[PDB]
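In this structure, fluorouracil is found bound to Uridine phosphorylase.
Convention: sequence-line order gives letters A, B, ...; per-chain numbering from 1. Technique stated in the header: X-ray crystallography, 2.2 Å. Atoms within each ligand, like the ligands themselves, are counted from 1 in listed order. Below, all heavy atoms of this structure are taken into account, side chains as well, without hydrogens, waters or symmetry copies.
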Amino acid sequence: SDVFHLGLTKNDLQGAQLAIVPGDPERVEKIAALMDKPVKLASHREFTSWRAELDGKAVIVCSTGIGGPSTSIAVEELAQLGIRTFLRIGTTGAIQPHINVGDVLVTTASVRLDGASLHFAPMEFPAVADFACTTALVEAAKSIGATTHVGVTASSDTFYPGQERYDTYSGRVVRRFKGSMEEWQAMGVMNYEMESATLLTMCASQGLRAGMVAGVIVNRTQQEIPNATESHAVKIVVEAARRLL
Amino acid sequence: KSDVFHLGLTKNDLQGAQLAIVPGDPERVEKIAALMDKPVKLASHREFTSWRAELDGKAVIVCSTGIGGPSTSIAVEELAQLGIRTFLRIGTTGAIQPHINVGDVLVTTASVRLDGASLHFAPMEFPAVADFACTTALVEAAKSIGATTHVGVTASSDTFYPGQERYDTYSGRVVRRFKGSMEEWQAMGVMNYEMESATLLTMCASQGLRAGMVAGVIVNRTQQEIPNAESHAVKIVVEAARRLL
Amino acid sequence: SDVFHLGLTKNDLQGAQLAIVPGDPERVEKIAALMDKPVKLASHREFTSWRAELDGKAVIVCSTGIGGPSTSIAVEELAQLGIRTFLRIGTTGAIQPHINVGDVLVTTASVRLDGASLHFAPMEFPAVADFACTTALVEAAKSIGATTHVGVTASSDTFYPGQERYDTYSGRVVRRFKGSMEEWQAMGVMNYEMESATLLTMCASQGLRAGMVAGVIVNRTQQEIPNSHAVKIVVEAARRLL
Amino acid sequence: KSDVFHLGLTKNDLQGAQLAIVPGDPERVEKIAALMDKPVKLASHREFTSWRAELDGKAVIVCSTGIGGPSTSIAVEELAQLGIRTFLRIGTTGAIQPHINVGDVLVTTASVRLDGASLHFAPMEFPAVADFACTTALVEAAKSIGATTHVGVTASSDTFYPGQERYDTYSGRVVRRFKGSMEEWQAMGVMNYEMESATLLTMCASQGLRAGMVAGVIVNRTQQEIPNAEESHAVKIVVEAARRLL
Amino acid sequence: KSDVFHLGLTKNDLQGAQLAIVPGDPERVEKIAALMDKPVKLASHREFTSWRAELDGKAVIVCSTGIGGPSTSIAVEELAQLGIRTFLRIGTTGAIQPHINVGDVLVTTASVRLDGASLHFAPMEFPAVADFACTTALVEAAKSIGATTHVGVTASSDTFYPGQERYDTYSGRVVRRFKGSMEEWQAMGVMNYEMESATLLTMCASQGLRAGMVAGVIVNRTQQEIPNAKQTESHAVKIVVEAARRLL
Amino acid sequence: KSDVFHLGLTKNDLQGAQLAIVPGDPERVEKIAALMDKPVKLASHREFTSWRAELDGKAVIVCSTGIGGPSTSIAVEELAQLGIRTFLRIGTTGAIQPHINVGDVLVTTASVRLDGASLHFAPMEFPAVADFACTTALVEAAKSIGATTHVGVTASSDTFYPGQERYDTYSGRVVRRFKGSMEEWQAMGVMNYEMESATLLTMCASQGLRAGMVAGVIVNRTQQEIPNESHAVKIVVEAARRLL
Ligand SMILES: O=c1[nH]cc(F)c(=O)[nH]1
Ligand SMILES: O=c1[nH]cc(F)c(=O)[nH]1
Ligand SMILES: O=c1[nH]cc(F)c(=O)[nH]1
Ligand SMILES: O=c1[nH]cc(F)c(=O)[nH]1
Ligand SMILES: O=c1[nH]cc(F)c(=O)[nH]1
Ligand SMILES: O=c1[nH]cc(F)c(=O)[nH]1
Ligand SMILES: [K+]
Ligand SMILES: [K+]
Ligand SMILES: [K+]
C-alpha cells in the first residue's frame, strides 16, 4: 500500500482532504455511519479507517489509538495521502468543578505534557489549534445547544501519573507531577487528555489545520475513574466537518 | 500615592473600566483614546501612560506597556488589581513570511515563547495562547474595515536583535540557540516577530484574564532587517473592544 | 472489570505474574498459541489480551499498541492485576551496518527520546532492563541459535522525525533530531523502536522486572521503509523466568 | 534621520562619547546629566531618553533603558553601534537580607539570571558578571563618599511580582519555580532583587563591553513587599565612578 | 617521555594490556596489583597511580582514577589511547536501601546521572549502562566467591555531601533539586550512592569501550551519614580480579 | 582519628587558620607551603595533601583538591567544617585567546559553568563569581610583582578532552553540545579553560565563604592542543598576606 502503518492508498481517499480522527477504532464505524455512503477502508493495528461522503464530499474517519506517538503516525501517513484538515474527537476528564459530565470541550491550545510534540517543535512553540477549525467547532456546538467550554487542555503522555492519579500500583507520583493537578486547575486548564498536544503541535508547525473537541466522561474533582452520553461531541464534530469542506 | 506602585492609578480612576487596550508606545495612547468618547488623561509614570475613555457608554482603559514582557507584566498585573479583566494588545511587528506585506494586519492565536517573563507565570509547556473571544472579535473587526489580515502564530522574543536573528549589529554574531532560527520559524508557519505577546498571553491565560493580540506589519524580514521611516491596526483594536464590552 | 482500559479482572489472570507484551494486537494469538491452553480474555481498543500456561503456570499475552503512552497504560493495569515481570517483543529498525534483517536484538538500556518515561523518573534515571530478564533473553537466543546483538536502543515517541526519516509530508526534521541518527550510530546505538524507553523506565523505577527483545525488519543504512526467532526467544525466556 | 532605529541617535550626537550611564527612569536622565558639564538633550523616543554631557573634558552619554532586560538590550546594542564601550547602570532595588537598610548602596558583582534576554547573548552556564574595572570604580567611589555599601550578588528578575515572590497580587499565586525562591536566594547570600542587571551584565561580558552596576535600596523585603512613598548616594557614586573609568 | 599527558605512561609500559582495573584510591592500586602475577609499579602522577601485572599470561593494568567523573574521565581516556578496551571499576559506596548491609557487594547495571562529566560524552537521554559481559562476569564472580550480592541501579553524584543529601555540613543546606532526593531514589529502588560510575559507564557505552562497576558497602544511609572508622569485607577486590579472568 | 571524613584533619591541626590556598596537584602543596613560615605537613590521604604554615604570624592552610569539581567540593566542605572561610585557588590553565601567552597569569572574575558539581549548590542561573576582596587581592598582588595579567571570565569544564573541544582522542568525536564551543567561548571573550573554578566559586558564593582564583598559563589552544612559570605561586601567596 501507499503508507506503512495505515495500509491505505491515495485511491482509497477518492479526493478526501479532511479527516475526523477519534482515538477508538470501534467508534470509527459509528461516526462514519452518521454520514453518506460509509465504506470500510482498512484495519491494521490500532488504525481503523472508513470513507464517507458529506454534502457530496469525501471525508475520511480514522482512529489514531491512544497517545501522541501513534497519533503522529496517523496524521503523517494521512498527510502523505492528501489529508490537510484533522478534527480530533475524544473523551476527556475535566479538572474544573464547574464542568459537568456530558459537557463538551473545545481546545484552543494544549499544555504539552507529552513527548511527541517535541519531535515537531521545541517546547516554546504553542500547541495551538487552527482558528478556522476551532471557530467551526464552537459554532457547531452552539447550533445544537450543547453546554460548551472553550480553553486550554492538559495533554499527558500517561493516563495515571501525568494526570496525577494515585490509585495505582505504586501509589506514587514523580516530583514533576506531584501537586500538578491543582496547579493546572489554578491556571484555568479545563481538562486532561492524551493526544491534543501531539496533534495540535505537528499540525501547527507543518501547515496542516487541526481542531480538537472532547466529551467530558469524568470530573477529577470528584473521582479518578469514569463510570461505565458522548453522542454530543460526535454530532458536533460531524457538523463542524460540514462547515470546513 | 495611589493603589498601585508603578501605574500611579487608583480604582476610582478607572470608573468601573474592565477592558484595557495596551499599546507599546506611550505616545500612541492619546491617539487611541481620542478615537473613543470622553477621553481623560489619568497618569504618566516611566513608560506607563494611561488614559480613560468611553465606548458605547462603558469606561475603557488605554495604557502603554513599554517594550518587552517585564514592563508588560507590571502593567497587566497592576491594571488587573484595579479591576481590568480583558486586555487587547496593539503593536507593530516584522513579518517573516514572503506573502505578508507591510501594512498588513496580524492577529495572533498563540506565540512561540522566546521570552522569560512568561516563565514566571506558567512553565514552558503551557501555551501562550490568546483568548478565543478576543481573537474572534479582532478577526471580525478586521473584516468590518476590510483590512488584509493574517491569523496565526507569532514568535515572541526578549530581544530585538539576536533573538530575531539580526546580524547587522555591534558583535555581528548570534548565539547558537538563535542562529538559524528565523528560517526554522518560517518553515513552521510562524508569521512574525514581536516582543510582548508571549508574556501577555501566558500571564492572562494562566490567571483567568482574557487577552487578544493585533499588530501592524512595518517590515518584511525577507526583504530587509530595519523597517523604513514610514492605521488599520488601531481601528481594528478599537472596533474589537466595542464587540467585547 | 477491575481495570479501566484492559477490561480484565484479577480472576481472568488465574494468578499470572508474568506477561509477554507485543505491540501488534494481531500478534497476540500467535504468541499465545506457542504455549498451552491459550484462552482469549479481552479485547478493547489496542489492548488484546490472551492467557496461556507455560512451565505449569498462568502467563499473560497482551498487546500495548504503538508508543509509550498506551504501553504505560497496559503495564500499570496489569501490575494492578498481579503482573510483576514484563517481556517486550517487538520489531525494530537497525542503524548499524553489521546488523541484518532477521537478526535479533536484546536491549540492555534505552536512549530516552520519549515522553512517558519522565512521568516515572527524571531524565537522569537510566532506562535500564532488569538483569535477570536480559540474561534469560540472551541465553534463550544462544540456544535457539539466532544471530543476536546486545546493547543500547533508541526509543522514540515518533516513527518519522524522531527516527530521522525525511521522506515525509514536510520533508523536515526539527533541530533536535537533525543529524541525530549518525550521532546515535557513532555512540554504538543498535536500533530504533518506540516503546522500550517507557517500559524500561516505569518498570525499573517501581520494583518491576522488564526486558526487551526485537527482530530487525529494516536496516536504515540502506532504506527508510521496510520492504519468528524473536517470538521463540521471548517465549523461551519467559519459560526461564518462571 | 538617525543611525539607530530605536534611540533616534547619530554617531555625531555622541561627540566621541565612549562611556554611558544608564538609569531606568527617563525622568532621571536630565537630572543625572546636569550633575556633569555641558548637559544637552539628544533625543527622546518611547522609554529611551538620552542626554549628552561632559566629564573632566570627555563627552559622556546618559540614556534611560526603561524597565526590563528587553528594552535594556536594545538601548545597549544601539549605543554600542554608536561607539559606547562602557556602561554604568544606576537603579533602585529591593533588598532581601536583614542587615541591609533602606538608603544603603549595593554594588553587584554578578547577577542571578532570572531573566530571558541574557539567554539571547549567552547560554545559562555563562556568568552575568560585572567588569572588574567598573566594579572597582563603583566600590572606591562609594568608600570615598562614605556611603554604607554592600558588594555581592543580585537576583535579576523578568518580573516585579511573581519573580520576586510577591503574593499580594491579583492572582495571589506564584508559580512552582518561584515558590519558596526568595528564602533560597537569602540562604545563598543574595543581596537584592532588580530587573535589568542580568541582561546588561551578560550581554556586555560576552561582547567585549564593560559593565558596572550600583543601586539604591528603597525597600527591605523582610519588612514589607511594596516600598513606601519616600541621600542620593547612588547617583553621586555612579558619576564619581565614571570619572575614574574615563 | 610518555605518550599521554596526565598518566605518564607509554604504550610500551602496558605490555599490550587490554584490560584495566580502576579503583579510586591511589593507595589501593598496589594492593590489587599484588593479588596478581608479577606486579610492577609504572607511574604515579597527581591522583593517577598505575601498576602493571599479569593475569593468566595476559598483561593487566591497575590505575587509580581519584574521586569524581572529571579525573575518572581523564584516566579512562588516556588508558584508551594506550590500548585499553575494558574497564573494571572497584570502589566503596553507601547504601540507601534498608535491606543492604555493610560489607555487602553491589554490581551496578546502570546509573542515575547526577554528574556533569557524562554530559560531555552523551546527552542526558542516553543511559549510563554497564557492559553486559562485564556485568555478567562480575555477578558470576560474586556467586563463586559466595558474597552477599545485590544487582541494580546506582546513583552517581558529583558531590559527596549535598548531592547525596547529607545535612551535617557547614551550611546544613541542600539545594532544592537534591532536597528530598534520597528518599525518591529509595522509592525508585536505587541501591546506593557513589561518585564515578555515571561518567565511567556513559563515556564507555558511547565510545565502544566495555565497563562494569562493583562496590563494597561501607555504610548504610538509613542508619547514619558518615561510615564508622566493622563489618567490612574485601570481597569486592576478590570479585573484580576473578571477573577480570572472565573478561580477558 | 579525624573530624572530617576525607581530609583526615582535626580542627586542632589548623591552629586557628581561616584561610586556605588550594592547588590541584598534591605534589605542589609542599613547595607552596615552603614559601612561608614554619611549614608542617598535616596529612595526606588520596589526593588531599595538606600542610599548615604561618604567614606574618598567622596560620594558613595549603591543601590540594585534586582534579575536578567533585573532589574540590569535598576538600572545600571539609576545610569549611574545620574553620576555613577564605579559599585561594591556584592552578594551571590553557588560554584560548591568541593575545594571551604561555607564562601569563590569569585572574578569574567568574566562570562559565561547564561542570556538574556547581549545580549541587546552586541552580544554573546563579553566577559562578569570585569574591571581590579576593579578586582585588590577587590583582593587586600580580601588579605588585610585575607579572603579565589578564582579568576576566574562565571556562570551567568537567572534562579535559571533549569539554575543552580536544579532538586528538581515542574516539576523535565531540558530542553535539561541545562541538563548535571553543570558537563560541572565544567570541564571548572567555580567557581560558580549567576544571575546578566553577565548582569552587559557586559553592563558596552561595554559602557565605570567600573564594578567589588565579592560574598560570601552560598552553595556548590557538597554537596547540597539549602543553609541552612560578609567577602564579608568588601571587597567591602575596594575596594571602593581604587577605590576612
Ligand atoms: O486522558 C484522559 N482521557 C479520558 C479521561 F476520562 C481522563 O480522565 N483522562
Ligand atoms: O519586535 C519587533 N517589532 C517591530 C518590528 F518591525 C520587528 O521586526 N520586530
Ligand atoms: O520504531 C520503529 N519500529 C519498526 C521499524 F522498522 C523502525 O525502523 N522503527
Ligand atoms: O525590581 C525591583 N526594583 C525596586 C524594588 F524596590 C524591588 O523590590 N524590586
Ligand atoms: O560516594 C560515596 N562513597 C562512599 C560512601 F560510603 C558514600 O556514602 N558515598
Ligand atoms: O583544564 C585544563 N588545564 C590545563 C591546561 F593546560 C588546559 O588546556 N586545560
Ligand atoms: K520597558
Ligand atoms: K496506541
Ligand atoms: K580527583
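- Every copy of fluorouracil included, the relevant parts of the model are ligands 1, 2, 3, 4, 5 and 6.
- Under a 4.0 Å heavy-atom cut-off, the other chains found next to fluorouracil (ligand 5) are E.
- Comparing E:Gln224, E:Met195, E:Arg166 by heavy-atom distance to atom 8 (O) of fluorouracil (ligand 5), the nearest is E:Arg166.
- For fluorouracil (ligand 5), no covalent bond to a chain is modeled.
- Set against the non-hydrogen atoms of E:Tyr193, the atoms of fluorouracil (ligand 5) under 4.0 Å away are 1 (O), 2 (C), 9 (N).
- Interface of E:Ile218 with fluorouracil (ligand 5), defined as ligand atoms under 4.0 Å from a residue heavy atom, comprises 6 (F).
- Atoms of fluorouracil (ligand 5) found under 4.0 Å from any heavy atom of E:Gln164, numbered from 1 in the order shown, are 1 (O), 2 (C), 7 (C), 8 (O), 9 (N).
- Per the entry, the species of origin for chain E is Salmonella enterica subsp. enterica serovar Typhimurium.
- Near E:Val219, meaning under 4.0 Å from any of its heavy atoms, are these atoms of fluorouracil (ligand 5): 6 (F), 8 (O).
- Binding site of fluorouracil (ligand 5) at 4.0 Å, heavy atoms: E:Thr92, E:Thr93, E:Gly94, E:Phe160, E:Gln164, E:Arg166, E:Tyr193, E:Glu194, E:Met195, E:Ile218, E:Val219, E:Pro227.
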